[PDB]
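Positions are given from 1, in the same order as the sequence printed here. Both ligands and their constituent atoms are indexed starting at 1 by order of listing.
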Amino acid sequence: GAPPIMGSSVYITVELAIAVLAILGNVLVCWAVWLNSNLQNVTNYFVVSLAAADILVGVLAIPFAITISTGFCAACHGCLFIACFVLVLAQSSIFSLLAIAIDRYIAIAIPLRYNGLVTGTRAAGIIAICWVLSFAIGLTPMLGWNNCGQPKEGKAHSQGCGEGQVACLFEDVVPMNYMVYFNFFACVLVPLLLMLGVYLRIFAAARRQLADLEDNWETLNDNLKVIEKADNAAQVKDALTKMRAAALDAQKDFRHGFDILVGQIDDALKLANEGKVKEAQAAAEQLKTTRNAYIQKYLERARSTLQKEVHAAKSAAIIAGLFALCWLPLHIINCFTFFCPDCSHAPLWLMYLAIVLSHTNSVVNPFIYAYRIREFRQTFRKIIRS
Ligand SMILES: Cc1c(C#N)cccc1-c1cc(-c2cn(Cc3cccc(C(C)(C)O)n3)nn2)nc(N)n1
Ligand SMILES: CC(C)CCC[C@@H](C)[C@H]1CC[C@H]2[C@@H]3CC=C4C[C@@H](O)CC[C@]4(C)[C@H]3CC[C@]12C
Ligand SMILES: CC(C)CCC[C@@H](C)[C@H]1CC[C@H]2[C@@H]3CC=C4C[C@@H](O)CC[C@]4(C)[C@H]3CC[C@]12C
Ligand SMILES: CC(C)CCC[C@@H](C)[C@H]1CC[C@H]2[C@@H]3CC=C4C[C@@H](O)CC[C@]4(C)[C@H]3CC[C@]12C
Ligand SMILES: CC(C)CCC[C@@H](C)[C@H]1CC[C@H]2[C@@H]3CC=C4C[C@@H](O)CC[C@]4(C)[C@H]3CC[C@]12C
Ligand SMILES: CCCCCCCC/C=C\CCCCCCCC(=O)OC[C@H](O)CO
Ligand SMILES: CCCCCCCC/C=C\CCCCCCCC(=O)OC[C@H](O)CO
Ligand SMILES: CCCCCCCC/C=C/CCCCCCCC(=O)O
Ligand SMILES: CCCCCCCC/C=C\CCCCCCCC(=O)O
Ligand code: NA
């Protein structure tokens with residue numbers, strides 16, 4: 001049994017290193033959003049709320065975790081607060097991650113009404129509401145779902161604790177049925193699964209819209225070929241009518257290009273209906289000039305916008321997946337403790353790895369933004385250089 005202060009020194013030193021990096025990186029995120037108006041959008045207000053939670057992991061939750069690792073004597077309800085505050089920050093993170101996913105889904109699924117639906121003032125209200133709900137969820141043990149009514153008196157007496165005091169240890173004061181059924185299953189697992197469903201819908205919507213763009217492009221070029229090798233006016237008419245409905249479907253300098261295109265289709269359709277096949281086919285050949293000068297530029301720009309949305313949704317999904325990767329080990333350990341009382345408790349070294357891993361999640365987001373979002377990376381460079 002090596003002196004506890006030795007392994008404690010390693011744990012504390014690692015925690016302090018994580019706290020420093022979590023503060024510095026997420027302050028940099030908040031500084032970047034404040035300074036750059038290209039970063040001031042609803043999506044990034046949730047990013048800032050998420051960075052604020054991670055700053056508070058460094059400033060408060062990590063000091064609280066160090067404190068409660070000592071088992072020091074404390075009034076049980078005071079011990080509850082330092083045990084549970086991190087649950088508020090994790091819950092706020094969950095709400096921010098879910099909001100980011102939903103925001104990106106609205107942007108990809110109804111972009112025409114996004115800006116009118118998703119506003120900065122509405123985002124700020126949602127963030128306020130989510131922080132209040134995070135306090136209610138994370139501090140629910142302080143409302144009475146706690147073990148303060150059944151203190152471990154032998155542990156308190158062995159440490160010289162005063163009257164009404166307990167040895168302040170997370171698993172002695174926070175009930176494990178709360179941690180497993182309420183916190184993990186209901187408040188963490190269900191929102192993460194909802195996030196997964198939203199991201200699946202985002203990527204499926206992007207895939208469908210890109211396919212729809214390519215289908216309309218092929219229909220345009222296919223029907224032009226049909227007109228060229230048509231042998232009567234009715235065949236020309238058939239292909240032009242299919243082109244006209246498709247042109248309006250793709251319309252839902254951009255406006256000018258489609259105005260020319262639909263007009264040139266109408267010109268050829270009128271000639272077709274007069275039985276002037278050769279003249280209609282010549283009129284339809286003009287469509288190619290409009291296709292090259294206008295329509296192809298719209299196709300490429302629409303594709304480029306969708307691909308950027310896919311890239312941004314992947315970046316956001318990486319953040320959500322890394323949250324799950326960092327927090328799941330601690331939750332899984334709690335499940336073993338709760339569901340398997342015949343199993344030996346996870347060993348002390350694994351406890352400290354799982355706790356430290358959950359704290360490292362507050363370090364990682366600034367790096368994801370830097371490596372994946374040019375506007376962040378460039379703003380980070382300007383802040384650091386200056
Ligand atoms: C909070 C949380 C969330 C959230 N939010 C989500 C899932 C799980 C947990 C969580 C957290 C902690 C815990 C313990 N400590 C202090 C500490 C540090 C080092 C060593 C020790 C020992 C020696 C074991 O007493 N104790 N900090 N967090 N313990 C447990 N079972 N679950
Ligand atoms: C906005 C920031 C500065 C507020 C930070 C306040 C923190 C550090 C304060 C607020 C409430 C405090 C706790 C309230 C009660 C107790 C019970 C006592 O037996 C031991 C200390 C302990 C556990 C306190 C530790 C410090 C504490 C967590
Ligand atoms: C920004 C301002 C409002 C600071 C926020 C105040 C918070 C940190 C303070 C105010 C009231 C405090 C609680 C007041 C009463 C008790 C009961 C006591 O047995 C232990 C501490 C405990 C459980 C305190 C925990 C921390 C607490 C919730
Ligand atoms: C999210 C990804 C990384 C999966 C994480 C898997 C981790 C958390 C799993 C894998 C194997 C698991 C261990 C397997 C067996 C035991 C023995 C038991 O007496 C206590 C729990 C303990 C020690 C488990 C703790 C959790 C554990 C370490
Ligand atoms: C989609 C995924 C990440 C959902 C989370 C998986 C969790 C809920 C699963 C994965 C492995 C599971 C554990 C595997 C083994 C045991 C040992 C048994 O004696 C009691 C239940 C217990 C402790 C399980 C509890 C639930 C568990 C922790
Ligand atoms: C880079 C930063 C430099 C930092 C410099 C060194 C950091 C650590 C110093 C002293 C540790 C004292 C720890 C306080 C007491 C620990 C209690 C303990 O070991 O846990 C027992 C409890 O009962 C659970 O079972
Ligand atoms: C915006 C925020 C700026 C900074 C805010 C401050 C940062 C937190 C520092 C330490 C937390 C740990 C505090 C708990 C210390 C407990 C020691 C203690 O009370 O021991 C005496 C005896 O155990 C009782 O009977
Ligand atoms: C775990 C406890 C959960 C608390 C349940 C109670 C829910 C209270 C909050 C509900 C969200 C409603 C927000 C309404 C604010 C006003 C919005 C508006 O004026 O348009
Ligand atoms: C920028 C603000 C950051 C706050 C700095 C706080 C850093 C201090 C870290 C941990 C405090 C640990 C308290 C130890 C508990 C007492 C031990 C005992 O009584 O046995
Ligand atoms: Na977080």
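Looking at ligand 1, one finds the drug etrumadenant. Within 4.5 Å of etrumadenant (ligand 1), most heavy-atom pairs belong to the chain that UniProt identifies as Adenosine receptor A2a. In this structure, the binding site of etrumadenant (ligand 1) at 4.0 Å (heavy atoms) is formed by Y11, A65, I68, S69, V86, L87, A90, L169, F170, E171, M179, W327, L330, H331, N334, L348, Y352, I355. Under a 4.0 Å criterion applied to the non-hydrogen atoms of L87, etrumadenant (ligand 1) contributes the atoms 1 (C), 3 (C), 4 (C), 5 (N). Less than 4.0 angstrom separates some heavy atom of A90 from each of these atoms of etrumadenant (ligand 1): 5 (N).
We find no covalent bond linking etrumadenant (ligand 1) to a chain. Of all atoms in etrumadenant (ligand 1), numbered sequentially from 1 with element shown, those under 4.0 Å from a heavy atom of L348 are 23 (C). Of all atoms in etrumadenant (ligand 1), numbered sequentially from 1 with element shown, those under 4.0 Å from a heavy atom of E171 are 31 (N).
The UniProt transmembrane segments of chain A, numbered from the N terminus, that have a heavy atom under 4.0 Å from etrumadenant (ligand 1) are 1, 2, 3, 5, 6, 7. Set against the non-hydrogen atoms of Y11, the atoms of etrumadenant (ligand 1) under 4.0 Å away are 18 (C), 19 (C). Looking only at heavy atoms of the protein, atom 20 (C) of etrumadenant (ligand 1) is closest to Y352 CE2, 3.7 Å. Both criteria (UniProt adenosine-binding in chain A; heavy atom under 4.0 Å from etrumadenant (ligand 1)) are met by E171, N334.
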